[PDB]
Student: 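Our group is looking at a structure that contains palonosetron; some questions.
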Amino acid sequence: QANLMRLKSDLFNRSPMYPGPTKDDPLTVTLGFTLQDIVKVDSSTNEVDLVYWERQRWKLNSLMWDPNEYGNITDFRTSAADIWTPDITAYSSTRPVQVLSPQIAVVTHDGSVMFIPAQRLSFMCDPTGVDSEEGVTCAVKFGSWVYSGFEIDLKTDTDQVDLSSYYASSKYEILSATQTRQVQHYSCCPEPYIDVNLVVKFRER
Amino acid sequence: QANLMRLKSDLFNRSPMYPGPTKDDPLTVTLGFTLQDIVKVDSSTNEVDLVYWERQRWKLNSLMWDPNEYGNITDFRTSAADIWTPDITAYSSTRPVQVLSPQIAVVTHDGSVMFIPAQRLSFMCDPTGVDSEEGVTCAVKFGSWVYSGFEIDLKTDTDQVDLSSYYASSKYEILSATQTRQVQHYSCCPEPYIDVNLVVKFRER
Amino acid sequence: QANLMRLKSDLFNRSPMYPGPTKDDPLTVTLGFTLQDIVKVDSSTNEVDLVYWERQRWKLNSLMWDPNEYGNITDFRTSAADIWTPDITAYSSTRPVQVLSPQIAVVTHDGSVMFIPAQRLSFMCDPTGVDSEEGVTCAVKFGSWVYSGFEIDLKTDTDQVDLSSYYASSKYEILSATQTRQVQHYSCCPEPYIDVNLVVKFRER
Amino acid sequence: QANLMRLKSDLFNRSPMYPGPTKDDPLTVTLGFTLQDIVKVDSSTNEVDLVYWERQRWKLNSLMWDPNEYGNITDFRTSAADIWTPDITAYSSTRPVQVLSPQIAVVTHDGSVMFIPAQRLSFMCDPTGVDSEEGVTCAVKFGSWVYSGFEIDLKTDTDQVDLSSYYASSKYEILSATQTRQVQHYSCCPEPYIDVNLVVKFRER
Amino acid sequence: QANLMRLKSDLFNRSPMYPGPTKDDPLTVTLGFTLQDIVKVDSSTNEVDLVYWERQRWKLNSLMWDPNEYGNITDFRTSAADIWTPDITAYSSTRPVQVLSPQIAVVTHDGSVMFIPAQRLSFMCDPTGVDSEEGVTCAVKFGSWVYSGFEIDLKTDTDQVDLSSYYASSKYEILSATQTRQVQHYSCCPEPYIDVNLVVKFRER
Ligand SMILES: O=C1c2cccc3c2[C@@H](CCC3)CN1[C@@H]1CN2CCC1CC2
Ligand SMILES: O=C1c2cccc3c2[C@@H](CCC3)CN1[C@@H]1CN2CCC1CC2
Ligand SMILES: O=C1c2cccc3c2[C@@H](CCC3)CN1[C@@H]1CN2CCC1CC2
Ligand SMILES: O=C1c2cccc3c2[C@@H](CCC3)CN1[C@@H]1CN2CCC1CC2
């Protein structure tokens, strides 16, 4: 406990928090999705509710330490409130997102952080055709709300959404599920914005 | 990170927060709306739910800096809780507004601030006729709850509500959508109050 | 900004907060209602939902200042959390009251405070007869939860509820709406309690 | 204000906050219920919703003062967050309890505290027979979650639930309503736990 | 009070909080369930809601004391916010878990902590067959969200879920209810992970 208390103290009480990335010191955030269930489809409002886990990873020089200085501690867990986290948001949500898991991150001595919030999201999706063989496709994208591509870049480790924890007795069968990095330009802004587009095709039964 | 940490420290830890505008030092806030979806219409209570983004912009002398003094930083992102924000509210809401996006603002070296909260709002609207060709019109206005025109003035950059992110498969088609600055007088107060009236005409299909 | 910062500092950081009224220094609170809409009537549970604004006014010697000492500032706005506010509550609510407006008060150099929270309230009301010509009457009273008439007295400026912002396309037509000071005696306590009874008669169409 | 400010200051500065009772210094808490309405009955889930006020009273020697030392102040009001409160809870709730009143307590110069939260509670009750002449009986008990009878004892001033503010036009007529101190033994623990059982018999009309 | 105030001060104000377990100083958490009611079954979304109490127990050296040094105090109660608690969570929840009890723990002089949050949980379960004689079985597992078996080991004192507080008039009869420790290795990770699987078989009537 003593070494870990000392490490945490040195990292969090002896320097200011990371103020976030800039053009001169950009940050890459890696993002993948584990889809656990499609829990609700509402055809009168065109809303669909998912439960999923959002794997986020990034790295900061300010979170590095030498394990030999701290009794060979190579990683630790800490409340997400103790560290900077990126402002990744769903772009087509219809309700505030509901957090289903403790808000705790894993920090490793090379400065890398892993944060995996489980969440329920309501989003815009017309589910007409969900009860046919072809099913229906919807999409929702995730990205920084206020940082451009020049400050926060996103990547994925894979194009396939992790379906290995998908609820075996869901009302809905997943026909396809992809996660794809996209570069968007909007008319407002000259800077590109980066998102990951989660596209899920699904049907009943 | 070092220059940005120093800038933030100089701005936020070395003087009190801006106490808000007065008659002697008024403020102009620019306001525009991006309508993303009409998500619910309830004819038994005359409530309609929108999801929209509220672009807000204003400028403070107390947020200015010379980029040459701070490693050429010309702007940065910061939690909206670190700065004064204006008390703009919907005047005919029926439920507390639900915030859908991180509460983070962009501050620029000329002292200008941009804040773009995405929100779900329930408001008073009789939707009778929504299922006809003519559709139905409702309106909701937005302005400061407690500052008059002598302290906070509003303007818009345009009269047209931004419909470029409107959900392509909404239950509702937008026939018209305007945002108009208006001057209101209340019996309580001799000073005029300023609002922006969001008038949306829409129908099913 | 400098004068206002100095005033706020002198008022709030240089003495303790007002600890509330006592028998020796009672306080009069003025109370008036602006009824904006009857948003819901539920005959299966006997609940009715209103949206209204509650004008509250009181005066404290400890909030006085000479405008000549503070660059001629005669009033300012401040977060309701910076000041004492009275514990006025609805006595027949069925859900926590939902605040619809920013919680900001106006303080004037004579020590008077104006606070106007907009609210949605669910309360006990049997709406049988709402769909007839005679309509239906319900009532809900508002007063301090724990201060007796010896500490907090209530008055109204008028007996008529302000209907000038009542939603023109409500499901419900207001036949009558009054606000009336009353004295209540409880078996527990020898001291009378003061409330304002809001009585609204209404019907459909 | 001055004497009261001084009293509050002196009481805040006497010790840390009361750490709660122990075997060596137990505490008796007095408990009574005012039943305001039965607001909802759900026979598909066996839930019933009540609105009631929970009178709680206890006494601490550390909160005593001589009124002659403080300009004859014999009592004052203060936020419930400024003092220790007991952990009395409903034992068969199905939803978090909703607080309907300001969280303010009354402290008296003999060290007694009165706290009267108004609340809406959903709880386990099979309402079969509610629509007959005999009606239906349900029960919910209230006690400390973690203090045994050796640390917190409960009493009631009366066996009869106060029905004097029961809503005159409720869907439900109250046939009987009692509050009875009981001793419960759990298999986990050798110590008895004390609760007050609120038993309400009621029917429609 | 005096001795207890001194003990709490020595434990909580004189050293940092426990930073959680590591490979070098692991922790065992004991876990058991008291099932109070199955409150809702939804076959259109495959969600089931339970109300249960989650008994958690662990031990820390940093929470030990000699009772002779503190007026023979052998245990005390304290807000769960004063101490580290483990991040045990349901792995297939569909909603944020609702806490139904005060968040207070019992600490004993040997450093052991008992924490018993009562909760309402919605989780993934297909309730087809609930209305037959055989009934239906569902399952949900609980474990640390971020600590492996090398940091947090889980055990149960018994395989049987405590049914002694199960609501006598539930819609649902419990045919079987078990809690079983399971040790997993996943391909992603070299560390073993531990969960407790709560398996409940039930039917109507
Ligand atoms: O709409 C604007 C916008 C409009 C006019 C000026 C500016 C903007 C930028 C922020 C600075 C300058 C951000 N956004 C949105 C925030 N988020 C959602 C879409 C865009 C991009 C990412
Ligand atoms: O009702 C009052 C009011 C009443 C009596 C005195 C005063 C007021 C002002 C504040 C100044 C002094 C604010 N308001 C509301 C705030 N907002 C909504 C309606 C009005 C105007 C715009
Ligand atoms: O029940 C009591 C009560 C009981 C026993 C002692 C005392 C009380 C007072 C507070 C002082 C002393 C307030 N109340 C409630 C708070 N509010 C609503 C109902 C009553 C009256 C006004
Ligand atoms: O289950 C236990 C329990 C189990 C093993 C040890 C201990 C307990 C006590 C706390 C002290 C030591 C409290 N409780 C619950 C909390 N509350 C409700 C049910 C009981 C009784 C009162």
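Residue numbers begin at 1 in each chain, while the letters A, B, ... track the order of the sequences. Quick note: numbers below take in every heavy atom, side chains included, and nothing from hydrogens, waters or symmetry partners. Counting convention: from 1, in listed order, for ligands and their atoms alike.
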Student: So, about palonosetron - where is that in the structure, copies and all?
Tutor: ligands 1, 2, 3 and 4
Student: Under the nomenclature of the PDB entry, which macromolecule has the greatest contact count with palonosetron (ligand 3)?
Tutor: Soluble acetylcholine receptor
Student: Identify all other chains that place a heavy atom less than 4.0 Å from palonosetron (ligand 3).
Tutor: C, D
Student: Distance to 0.1 Å, residue and atom name: give those for the protein heavy atom nearest to atom 6 (C) of palonosetron (ligand 3).
Tutor: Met114(D) CE, 3.5 Å
Student: What protein heavy atom lies closest to atom 17 (N) of palonosetron (ligand 3)? Include the residue and the distance to one decimal.
Tutor: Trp145(C) O, 2.8 Å
Student: So which heavy atom in the protein is nearest atom 8 (C) of palonosetron (ligand 3), and how far is it from that ligand atom?
Tutor: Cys189(C) SG, 3.5 Å
Student: Any nitrogen or oxygen of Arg55(D) lying under 3.5 Å from a nitrogen or oxygen in palonosetron (ligand 3)? Just yes or no.
Tutor: no
Student: Please compare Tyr186(C), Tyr147(C), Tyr193(C) and report which has the shortest non-hydrogen distance to atom 13 (C) of palonosetron (ligand 3).
Tutor: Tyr193(C)
Student: Of all the non-hydrogen atoms in the protein, which one sits nearest to atom 2 (C) of palonosetron (ligand 3), and at what distance?
Tutor: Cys188(C) SG, 3.7 Å
Student: What is the closest protein heavy atom to atom 11 (C) of palonosetron (ligand 3), and at what distance does it sit?
Tutor: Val106(D) CG2, 3.9 Å
Student: Could you tell me where the covalent bond from palonosetron (ligand 3) goes, residue and atom please?
Tutor: none
Student: Applying a heavy-atom cut-off of 4.0 Å, say which part of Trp53(D) lies close to palonosetron (ligand 3): side chain, backbone, both or neither.
Tutor: side chain
Student: Which residues from the surrounding chains have any heavy atom less than 4.0 Å away from palonosetron (ligand 3)?
Tutor: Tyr91(C), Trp145(C), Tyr186(C), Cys188(C), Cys189(C), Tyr193(C), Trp53(D), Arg55(D), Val106(D), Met114(D)
